[PDB]
**Student:** 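Looking at a complex of imatinib and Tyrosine-protein kinase ABL1 here.
In what follows, residues are counted from 1 in the order of the sequence shown. The figures that follow rest on heavy atoms only: side chains count, while hydrogens, waters and symmetry mates do not. Counting starts at 1 for both ligands and their atoms, following the listed order.
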Amino acid sequence: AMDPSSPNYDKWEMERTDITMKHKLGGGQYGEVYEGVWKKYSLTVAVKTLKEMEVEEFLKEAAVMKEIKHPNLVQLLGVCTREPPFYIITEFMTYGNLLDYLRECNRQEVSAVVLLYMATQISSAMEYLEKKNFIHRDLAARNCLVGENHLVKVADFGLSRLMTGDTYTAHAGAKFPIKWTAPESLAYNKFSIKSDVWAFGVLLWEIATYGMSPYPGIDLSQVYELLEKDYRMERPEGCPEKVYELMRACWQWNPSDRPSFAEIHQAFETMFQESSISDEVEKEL
Ligand SMILES: Cc1ccc(NC(=O)c2ccc(CN3CCN(C)CC3)cc2)cc1Nc1nccc(-c2cccnc2)n1
Ligand SMILES: O=C(Nc1ccc(OC(F)(F)F)cc1)c1cccc(CN2CCOCC2)c1
Ligand SMILES: [Cl-]
């Protein structure tokens, strides 16, 4: 099986024994994900397993990750799926999730230039997924990771029934993150790359505020109705007008009127080619 000679060969399949399983990750906030070590590489990894009908979504997540490779998407390193317990192994990201990272970070270090950089990296991963005709479905700061030198990667932790609190709430027989969810997704169950664009705009606001909770002090039962009547979050303090214009574009009612990720990414790279975000932020302020 493990030998290139076999018909049953999969390059992604690895030796379970090759990995030393340590403790659960982030105190359990990610479910059955464990810090690990790849012995031979002396490399920390993150290892997702199954806890005791649920097999095929896990195997399909494995299937999908084999299909995608981007600098800004968390990288599959291997699998153990020949026999239970099934593993999915990715790289481990030193600074953990972007949401907590934003709230806990030193702001002298994580300045406007670094925030812009973080938003840019995310838009590139999304450009890639756009181009490969994938949809993310739960784009948000809580689903991104941060490594060395402000490297940001887009992940998908499957958080809807793992996260405690009111982030995800019951809607349509399932748990939605209501404050990140595009109107057509809440109203008509319509999910697409353009509804990832809406969530990206909310993600952008999370970056701009250092991970404040969106629509702060607004009841969830009121979000759709406000949105339908053209309400949007106001420009965060310090936010350059152009970045806010970009947020406003992502939050078009009609999905078709939302920029594609390629255009979003193109705007980040253009927006400050001749003027620094630092000057704009200080101007705003
Ligand atoms: C261990 C593992 C197993 C699987 C995954 N998977 C993904 O992150 C992922 C990313 C993108 C897609 C693309 N996909 C397209 C289709 N739509 C519908 C879903 C998303 C799928 C899975 C990540 C991990 N990594 C992971 N998980 C939880 C926590 C951590 C972690 C925590 C702290 C520091 N370093 C790493 N790391
Ligand atoms: O950096 C800021 N905003 C911002 C917005 C968008 C943005 O672009 C992108 F693409 F989203 F990343 C980048 C940065 C910022 C926010 C609050 C306070 C201060 C400085 N002040 C310090 C003293 O106290 C008062 C505030 C700066
Ligand atoms: Cl998809």
**Student:** Please list the parts of the model that make up imatinib.
**Tutor:**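 Copies included, the answer is ligand 1.
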**Student:** At less than 4.0 angstrom from any non-hydrogen atom of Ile68, what atoms of imatinib do you find?
**Tutor:**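 Selected atoms, number and element: 13 (C).
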**Student:** Polar-atom distance check: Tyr30 versus imatinib, any N or O pair below 3.5 Å?
**Tutor:**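 Checking imatinib against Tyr30, no N or O pair falls under 3.5 Å apart.
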**Student:** Give the residue, atom name and distance (to 0.1 Å) of the protein heavy atom nearest atom 35 (N) of imatinib.
**Tutor:**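 It is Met93 N, 2.8 Å.
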**Student:** Which atoms of imatinib sit under 4.0 Å from any heavy atom of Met65?
**Tutor:**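 Every atom of imatinib under 4.0 Å from some heavy atom of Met65: 4 (C), 5 (C), 6 (N), 7 (C), 22 (C).
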**Student:** Which residue supplies the protein heavy atom nearest to atom 18 (C) of imatinib, what is that atom called, and how far is it?
**Tutor:**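 Here the closest protein heavy atom is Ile135 O, 3.4 Å.
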**Student:** Okay, next thing: which UniProt active-site residue in chain A is closest to imatinib, and how far, heavy atom to heavy atom, to 1 Å?
**Tutor:**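 Using non-hydrogen atoms, the nearest UniProt active-site residue is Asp138, 7 Å.
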**Student:** What residue and atom, counting heavy atoms only, is the protein's closest point to atom 14 (N) of imatinib, and at what distance?
**Tutor:**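 Sorting protein heavy atoms by distance from atom 14 (N) of imatinib puts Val64 CG1, 4.2 Å first.
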**Student:** Does imatinib reach any of the residues UniProt lists as binding ATP in chain A within 4.0 Å (heavy atoms), and which are they?
**Tutor:**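 Sure - UniProt-listed, with a heavy atom under 4.0 Å: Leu25, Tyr30, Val33, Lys48, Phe92, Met93, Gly96.
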**Student:** For atom 37 (N) of imatinib, find the nearest protein heavy atom and state the residue, atom name and distance (0.1 Å precision).
**Tutor:**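 That would be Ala46 CB, 3.6 Å.
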**Student:** Would you mind checking which non-hydrogen protein atom is closest to atom 20 (C) of imatinib, with the distance to 0.1 Å?
**Tutor:**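 Scanning the protein heavy atoms, the shortest distance from atom 20 (C) of imatinib goes to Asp156 OD2, 3.2 Å.
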**Student:** Relative to the heavy atoms of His136, which atoms of imatinib are at a distance of less than 4.0 Å?
**Tutor:**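 Once the distances to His136 are compared, the set is 17 (N), 18 (C), 19 (C), 20 (C).
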**Student:** If you measure every N or O of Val33 against every N or O of imatinib, does any of those distances drop under 3.5 Å?
**Tutor:**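 Such a contact does not occur with imatinib.
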**Student:** Which of the atoms of imatinib are close to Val74, meaning less than 4.0 Å from one of its heavy atoms?
**Tutor:**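 With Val74 as reference, the close atoms of imatinib come out as 7 (C), 8 (O).
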**Student:** Less than 4.0 Å from imatinib: which other ligands or ions?
**Tutor:**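 Answer: ligand 3 (chloride ion).
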**Student:** How far is atom 30 (C) of imatinib from its nearest protein heavy atom, and which residue and atom name does that atom have?
**Tutor:**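 Atom 30 (C) of imatinib sits closest to the protein heavy atom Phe157 CE2, 3.9 Å.
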**Student:** Given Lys48, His70, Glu32, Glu61, which has its nearest heavy atom closest to atom 6 (N) of imatinib?
**Tutor:**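 The nearest heavy atom belongs to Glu61.
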**Student:** Among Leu139, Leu76, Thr90, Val154, which residue places a heavy atom closest to atom 23 (C) of imatinib?
**Tutor:**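 Result: the heavy atom closest to atom 23 (C) of imatinib is in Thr90.
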**Student:** Heavy-atom contacts with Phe92 under 4.0 Å: which atoms of imatinib show up? List them by number with element.
**Tutor:**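 What qualifies from imatinib is 34 (C), 35 (N).
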**Student:** Pull out every atom of imatinib sitting under 4.0 Å from any heavy atom of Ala155, numbered as shown with elements.
**Tutor:**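 Once the distances to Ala155 are compared, the set is 8 (O), 10 (C).
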**Student:** Curious here: most residues of chain A touching imatinib, which UniProt domain are they in?
**Tutor:**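 Per UniProt, it's Protein kinase.
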**Student:** Taking heavy atoms under 4.0 Å, what residues and nucleotides bind imatinib?
**Tutor:**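 The site of imatinib, heavy atoms only, is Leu25, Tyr30, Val33, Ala46, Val47, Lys48, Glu61, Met65, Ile68, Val74, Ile88, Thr90, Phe92, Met93, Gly96, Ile135, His136, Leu145, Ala155, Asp156, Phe157.
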**Student:** Could you pull out every N or O of imatinib that sits under 3.5 Å from a protein N or O, with the distance for each pair?
**Tutor:**
{"from": "imatinib", "atom 1": "6 (N)", "to": "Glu61", "atom 2": "OE2", "distance (Å)": "2.9"}
{"from": "imatinib", "atom 1": "8 (O)", "to": "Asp156", "atom 2": "N", "distance (Å)": "2.8"}
{"from": "imatinib", "atom 1": "17 (N)", "to": "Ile135", "atom 2": "O", "distance (Å)": "2.8"}
{"from": "imatinib", "atom 1": "17 (N)", "to": "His136", "atom 2": "O", "distance (Å)": "3.4"}
{"from": "imatinib", "atom 1": "25 (N)", "to": "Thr90", "atom 2": "OG1", "distance (Å)": "2.9"}
{"from": "imatinib", "atom 1": "35 (N)", "to": "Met93", "atom 2": "N", "distance (Å)": "2.8"}

